[PDB]
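Entry with sampatrilat: notes follow.
Residue numbering in chain A adheres to the PDB entry, whereby the residues present occupy positions 40-625 in order. We count ligands from 1, going down the list as the structure has it; atoms in each ligand are counted the same way.
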Amino acid sequence: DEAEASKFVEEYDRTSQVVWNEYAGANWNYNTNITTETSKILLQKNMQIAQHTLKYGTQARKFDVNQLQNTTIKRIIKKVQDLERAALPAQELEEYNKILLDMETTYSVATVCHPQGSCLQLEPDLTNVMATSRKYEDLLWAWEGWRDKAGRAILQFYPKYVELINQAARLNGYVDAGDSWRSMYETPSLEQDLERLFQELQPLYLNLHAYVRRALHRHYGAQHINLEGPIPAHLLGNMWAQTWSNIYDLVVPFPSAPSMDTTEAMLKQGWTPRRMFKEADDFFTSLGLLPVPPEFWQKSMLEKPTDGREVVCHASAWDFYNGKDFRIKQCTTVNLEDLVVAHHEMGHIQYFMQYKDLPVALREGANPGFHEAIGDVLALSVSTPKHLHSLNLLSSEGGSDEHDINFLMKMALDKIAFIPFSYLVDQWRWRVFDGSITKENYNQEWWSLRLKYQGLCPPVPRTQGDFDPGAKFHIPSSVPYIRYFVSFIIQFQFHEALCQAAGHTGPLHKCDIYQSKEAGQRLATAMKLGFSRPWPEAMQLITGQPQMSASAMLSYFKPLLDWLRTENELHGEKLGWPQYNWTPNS
Ligand SMILES: *[C@@H]1O[C@H](CO[C@@H]2O[C@@H](C)[C@@H](O)[C@@H](O)[C@@H]2O)[C@@H](O[C@@H]2O[C@H](CO)[C@@H](O[C@@H]3O[C@H](CO[C@H]4O[C@H](CO)[C@@H](O)[C@H](O)[C@@H]4O[C@@H]4O[C@H](CO)[C@@H](O)[C@H](O)[C@H]4NC(C)=O)[C@@H](O)[C@H](O[C@H]4O[C@H](CO)[C@@H](O)[C@H](O)[C@@H]4O[C@@H]4O[C@H](CO)[C@@H](O)[C@H](O)[C@H]4NC(C)=O)[C@@H]3O)[C@H](O)[C@H]2NC(C)=O)[C@H](O)[C@H]1NC(C)=O
Ligand SMILES: CS(=O)(=O)N[C@@H](CCCCN)C(=O)NC[C@H](CC1(C(=O)N[C@@H](Cc2ccc(O)cc2)C(=O)O)CCCC1)C(=O)O
Ligand SMILES: *[C@@H]1O[C@H](CO)[C@@H](O[C@@H]2O[C@H](CO)[C@@H](O)[C@H](O)[C@H]2NC(C)=O)[C@H](O)[C@H]1NC(C)=O
Ligand SMILES: [Cl-]
Ligand SMILES: [Cl-]
Ligand SMILES: [Zn+2]
């Protein structure tokens, strides 16, 4: 009966709101106050949500979706039929939860020590070294040490993790965990579509790579940089070489056109974490989008506590599944990078608020990439030299062609450099999950892809027992990553569309959509759909067409592509890494 299915969905919604809200609370209380007691309560709520998922998922599977007429009810019931880890038998579920906790803990407590010296945590100690050191051996100590202490220590857990997460996927009707993850996009052509996008960005990435490689050759010396080979992976300013903007000082196109030190400016002018989030809130409401509720300001953790609590510091945004309580947890630091992260996280909060009236089963983004993109779209406008000057964080940089190319290079060092990294992570994981990479070659296959996609090599030859993927957070925390590749493509599509809605003309990279109500209306209509419709509908609401496309990103960076090609040609660069077998001699 249509009526029995409707009743079921209503009962699922009521009970899920209660159970998910209790789990969100317990998880928040652990994350903002790590103790034995909060771990204990969290463990109990984890089991309560499993029992709820098992109960309602079992019921949902008794419905023949084929016989359901109402498409919304059909959609919800089909989704509740996927129990995820709660499909595992009791022993395997306990084992899986424990392996996940052990991997996450191992990663979070790993430190790198000098003998009879200080021990450095990843954040901020080791990331600061990677960002600021310009000494090959000091960078190497941090890069190798982090892999030695975090990566190698995850390896013992990962094969059993793969076995259990695949078993859960098969018990929910998928062939492996990678299949299950890809299904979140509801797009049978996903793999080919993503490959096509990656290929469209190759001219830009290869030209950026070759230009940066030449700059590294200048600084680190001819004996350590092969101008026809891959770049050593510890020289890009970031522990994973996923974004390169911390080496802007080594690659600036026009050193004669200097830029203000934005961190020093923010500190001198008394910026605080709360001010950073108020600025993000203001951008959202300038578009006519929703302000965060008063409760957000009361309950959020917007900087590291000084009351003796120990906390999880990573930036994060939290839906408590009651339509009222939304929070950010971030150990915010006062700099421009974290101002952008604040906008990223506030985009997650905005999406939570926009879809709060849907059934909790449809309270997700159109696809996971959409959820990641919203905040970054606003941050693109924030990052314009125009807007940064209005915050008193830059001197006037408009007009000047040199400042213009310098700005596009700054943007490309993050946005373009990240495209191959964000593609790589789940290309590797999909092949682990489908069994075509075994524990015998986890690491070799990781580096084959680091080479193939990013054009990087490890500065020190890897050895047996190395497990460098484990040194990247999302691997031991089992967080899918292709969402970030999707996000970095489509956020430029959204920027282009909103800039057009706002009446912007001229180069896309000069657009600042601040206070555009037309831009806000486009985003709001799409966000309010949550996960109720196939994501091409939200794509069309924003952009006027239904596809993912790299064209907007290419248009944004067109002046840099032209500059890079001219620069690389006059130095005779050989794009790519035909000497792909090269690795450092010392
Ligand atoms: C197939 O079934 C689906 C699902 O049906 C729903 O679920 C099943 C299981 C059963 O329970 C059904 O009884 C139930 O309807 C059908 O899809 C639904 O279709 C109805 C149309 O009949 C749509 O009605 C709209 O719903 C919105 C949102 O409603 C939530 O939020 C409201 C605001 O907080 C609140 O009032 C509601 O009670 C509801 O509350 C939330 O409910 C969810 C669970 O669903 C729960 O998780 C949340 O916790 C809970 N939140 C809170 C806070 O309680 C409602 O806002 C709409 O009102 C507008 O539209 C009317 C029609 O146009 C109009 O008369 C109203 O005045 C109002 O109009 C707008 O007003 C503004 C300003 O005044 C104006 O600017 C706008 O232009 C104007 N809109 C206009 C003119 O269009 C309305 O009631 C459901 O949204 C929809 N649900 C989903 C999920 O899609 C589907 O129709 C079925 N298909 C077929 C072919 O039959
Ligand atoms: C805890 S939750 O699950 O309930 N809520 C999720 C978000 C809603 C999911 C909806 N279903 C959440 O808070 N997640 C945390 C995660 C943290 C960040 C993260 O890891 N970023 C990746 C990739 C990246 C992204 C942007 C960028 O510029 C550079 C890199 C990384 O750093 O490698 C670190 C700061 C930027 C995001 C996030 O916000 O997406
Ligand atoms: C951090 O967590 C501990 C453990 O839950 C909290 O301590 C509890 O505090 C309440 C009073 O509010 C007592 O009723 C419990 O008995 C306490 N338990 C223990 C083990 O001490 C503590 O309040 C939390 N701190 C913060 C700042 O939230
Ligand atoms: Cl690595
Ligand atoms: Cl994803
Ligand atoms: Zn995010």
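Looking across the whole structure, one can locate sampatrilat at ligand 2. The main binding partner of sampatrilat (ligand 2) here is, in the terms of UniProt, Angiotensin-converting enzyme, soluble form. By chain and number, the binding site of sampatrilat (ligand 2) (heavy atoms under 4.0 Å) reads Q281, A354, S355, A356, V380, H383, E384, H387, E403, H410, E411, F457, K511, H513, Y520, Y523, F527. The protein heavy-atom contact nearest to atom 29 (C) of sampatrilat (ligand 2) is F527 CZ, 4.0 Å. There is no protein heavy atom less than 4.0 angstrom from atom 3 (O) of sampatrilat (ligand 2). Numbered from 1 in the order shown, with element, the atoms of sampatrilat (ligand 2) that lie under 4.0 Å from a heavy atom of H410 read 10 (C).
Mapped onto UniProt domains, most residues of chain A near sampatrilat (ligand 2) sit in Peptidase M2 2. For sampatrilat (ligand 2), the other ligands and ions with an atom under 4.0 Å away are ligand 6 (zinc ion). When each atom of sampatrilat (ligand 2) is checked for a heavy atom of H387 under 4.0 Å away, the hits are 7 (C), 8 (C), 38 (C), 39 (O), 40 (O).
Distances below 4.0 Å separate heavy atoms of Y523 from the following atoms of sampatrilat (ligand 2): 16 (C), 19 (C), 20 (O), 21 (N), 22 (C), 23 (C), 25 (C), 38 (C), 40 (O). Numbered from 1 in the order shown, with element, the atoms of sampatrilat (ligand 2) that lie under 4.0 Å from a heavy atom of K511 read 31 (C), 33 (O).
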Note down each nitrogen or oxygen pair, sampatrilat (ligand 2) side and protein side, whose separation is under 3.5 Å; give only atom names and the distance to 0.1 Å.
{"unit_1": "sampatrilat (ligand 2)", "atom_1": "4 (O)", "unit_2": "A356", "atom_2": "O", "d": "3.4"}
{"unit_1": "sampatrilat (ligand 2)", "atom_1": "5 (N)", "unit_2": "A356", "atom_2": "O", "d": "2.8"}
{"unit_1": "sampatrilat (ligand 2)", "atom_1": "11 (N)", "unit_2": "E403", "atom_2": "OE1", "d": "2.9"}
{"unit_1": "sampatrilat (ligand 2)", "atom_1": "13 (O)", "unit_2": "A356", "atom_2": "N", "d": "2.9"}
{"unit_1": "sampatrilat (ligand 2)", "atom_1": "20 (O)", "unit_2": "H513", "atom_2": "NE2", "d": "2.8"}
{"unit_1": "sampatrilat (ligand 2)", "atom_1": "33 (O)", "unit_2": "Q281", "atom_2": "NE2", "d": "3.2"}
{"unit_1": "sampatrilat (ligand 2)", "atom_1": "33 (O)", "unit_2": "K511", "atom_2": "NZ", "d": "2.8"}
{"unit_1": "sampatrilat (ligand 2)", "atom_1": "33 (O)", "unit_2": "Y520", "atom_2": "OH", "d": "2.7"}
{"unit_1": "sampatrilat (ligand 2)", "atom_1": "39 (O)", "unit_2": "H383", "atom_2": "NE2", "d": "3.3"}
{"unit_1": "sampatrilat (ligand 2)", "atom_1": "39 (O)", "unit_2": "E384", "atom_2": "OE1", "d": "3.3"}
{"unit_1": "sampatrilat (ligand 2)", "atom_1": "39 (O)", "unit_2": "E384", "atom_2": "OE2", "d": "2.6"}
{"unit_1": "sampatrilat (ligand 2)", "atom_1": "39 (O)", "unit_2": "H387", "atom_2": "NE2", "d": "3.3"}
{"unit_1": "sampatrilat (ligand 2)", "atom_1": "40 (O)", "unit_2": "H383", "atom_2": "NE2", "d": "3.4"}
{"unit_1": "sampatrilat (ligand 2)", "atom_1": "40 (O)", "unit_2": "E411", "atom_2": "OE1", "d": "3.1"}
{"unit_1": "sampatrilat (ligand 2)", "atom_1": "40 (O)", "unit_2": "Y523", "atom_2": "OH", "d": "2.8"}

